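Next structure: contains cyclothiazide.
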Amino acid sequence: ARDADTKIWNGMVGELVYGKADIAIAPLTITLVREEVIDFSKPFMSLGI
Amino acid sequence: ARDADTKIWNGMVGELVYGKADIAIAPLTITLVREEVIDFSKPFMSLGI
Amino acid sequence: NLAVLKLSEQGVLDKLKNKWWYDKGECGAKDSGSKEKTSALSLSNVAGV
Ligand SMILES: NS(=O)(=O)c1cc2c(cc1Cl)N[C@H]([C@H]1C[C@H]3C=C[C@@H]1C3)NS2(=O)=O
Ligand SMILES: NS(=O)(=O)c1cc2c(cc1Cl)N[C@H]([C@H]1C[C@H]3C=C[C@@H]1C3)NS2(=O)=O
């Protein structure tokens, strides 16, 4: 997730935001706050809380 | 769908390909061959046959 | 974007999901939920009588 007041995305987000990692095939959830910094394909498996 | 042997999209997808429409809020199923001519958003409702 | 739709079209996602969730039915109720035992009456059943 992002940091408060500095927007530092850690974790698997910042690996793609900050140019570290090239692609991420992983259980990652399409949100609203993630489309602004990275892009997602069409979803391949559905779920819920 | 496309016509046999001519690749002429009738129906609503042809209305987006041939410049006659602008957007299609509709019960429209994301297939493969519809991706190569017109863009889709993320899915909003899931179903099956 | 064009690749994940091929796997959705050809059921490869279904095959992988079956392999990694349903072929490894291990614990209890999934396997033994459709079997039958006859009876043997013990005293814990009939006590209030
Ligand atoms: N039954 S499931 O959760 O494993 C599952 C879920 C999905 C699959 C395929 C499977 Cl097998 N592909 C769909 C895609 C197909 C087309 C329609 C939406 C997307 C495009 N997304 S999905 O709805 O996320
Ligand atoms: N239960 S359903 O089919 O009506 C349905 C199906 C979908 C919904 C919302 C609903 Cl209510 N939104 C999802 C999107 C929302 C976010 C999370 C995945 C995608 C992004 N697409 S979806 O999986 O197509």
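A note on names: the letters A, B, ... follow the listed sequences, proteins ahead of strands, and every chain is numbered from 1. First listed ligand is number 1; within each ligand, the first listed atom is number 1. Only a selected region of the deposited structure appears here, and contacts were counted within that region alone.
- Contact analysis gives the chain with most pairs under 4.5 Å to cyclothiazide (ligand 1) as the one UniProt calls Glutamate receptor 2.
- Other chains, heavy atom under 4.0 Å from cyclothiazide (ligand 1): A, B, C.
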